[PDB]
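A look at one PDB structure holding cefotaxime.
Since chain A takes its numbers from the PDB entry, the residues it shows come out as 25-57, 59-238, 240-252, 254-290. FYI, side chains are in, hydrogens and waters are out, and symmetry mates aren't considered; it's all heavy atoms of this structure. In each ligand, atom 1 is the first atom listed, and ligand 1 is the first ligand listed.
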Amino acid sequence: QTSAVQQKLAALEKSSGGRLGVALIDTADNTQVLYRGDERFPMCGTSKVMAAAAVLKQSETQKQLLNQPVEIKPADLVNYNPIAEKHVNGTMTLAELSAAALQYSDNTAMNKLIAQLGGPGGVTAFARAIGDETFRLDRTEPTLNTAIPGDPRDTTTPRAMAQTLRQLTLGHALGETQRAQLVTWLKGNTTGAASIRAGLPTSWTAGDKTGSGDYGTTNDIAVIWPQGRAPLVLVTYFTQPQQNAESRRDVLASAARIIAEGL
Ligand SMILES: CO/N=C(\C(=O)N[C@@H]1C(=O)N2C(C(=O)O)=C(COC(C)=O)CS[C@H]12)c1csc(N)n1
Ligand SMILES: CO/N=C(\C(=O)N[C@@H]1C(=O)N2C(C(=O)O)=C(COC(C)=O)CS[C@H]12)c1csc(N)n1
């Protein structure tokens, strides 16, 4: 079948010139709205949530892990290091690296999270451990953001990512203290105002993690607390056919607005 919201998302996609994937979970009744919900999309920076969560999980059995210093060398710097660049020849704790990766989308910080987990496969193993059989991280930063059409590397589906984000932020995939830390980090994101959040009623609160890459790949995943109602989880992925396509955060905002209006 095809619902009204699904029809509106289809119209948005057609006018956009790209491919749109959406997954909503409304925890008020556990109902879902999917659009290309089982198609694979490049995650880009949205994968940073899985890496941070995996390190939080490790910290459950090490009350001091988040305070562990990690050396940042000049050679470690990649293509987007707004926080790490200030700490070259110094150190950052895993908590600092998690906050930098999530709230500033720092790619060098993400690489340190991946390294702590033993490589991209370590992040994938954590995803499997919490019931996500779809997610796959294959590369480090920044090549995990190449976003080449058809490439299965570093992809997931909207359905899978929404279910996992729910488990992490609203469920029991993490311990209570760790879940609160993850939510606090997401709510403090600095990069998300033009994406999902731009399509929501002003009064609503949210935590999100953006992603972007080649092929005008423009992503966002969010946990939303609408004013006076049970939280939602929303994933919006978008990618385009030309390598040099422009970013389209307005498409994500439009998708979120359609979703919000349809509740
Ligand atoms: C080889 O890697 N290529 C990247 C890339 O590093 N994407 C990563 C990603 O996701 N990040 C986000 C992100 O979270 O969206 C921002 C956020 O940007 C700002 C200013 O907030 C900065 S770029 C980084 C890329 C990005 S766009 C494009 N053509 N390529
Ligand atoms: C000359 O371009 N250099 C880029 C680059 O491709 N940036 C692109 C661009 O502008 N985009 C926008 C944008 O148009 O605003 C956003 C905004 O947020 C999202 C989600 O797209 C994310 S980055 C992407 C780059 C990537 S990493 C690095 N150090 N430089």
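For cefotaxime (ligand 1), the chief contact partner in this model is given in the PDB entry as CTX-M-9 extended-spectrum beta-lactamase. Checking only distances, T216 never comes within under 3.5 Å of cefotaxime (ligand 1), N or O to N or O. At a 4.0 Å heavy-atom cut-off, cefotaxime (ligand 1) touches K234 through the side chain alone.
The part of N132 lying near cefotaxime (ligand 1) is the side chain, judged by heavy-atom distances below 4.0 Å. The PDB header gives the source organism of chain A as Escherichia coli. Of the options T168, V103, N170, the smallest heavy-atom separation from atom 3 (N) of cefotaxime (ligand 1) is shown by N170. Taking every heavy atom under 4.0 Å from cefotaxime (ligand 1), one finds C69, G70, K73, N104, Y105, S130, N132, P167, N170, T216, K234, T235, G236, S237, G238, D240.
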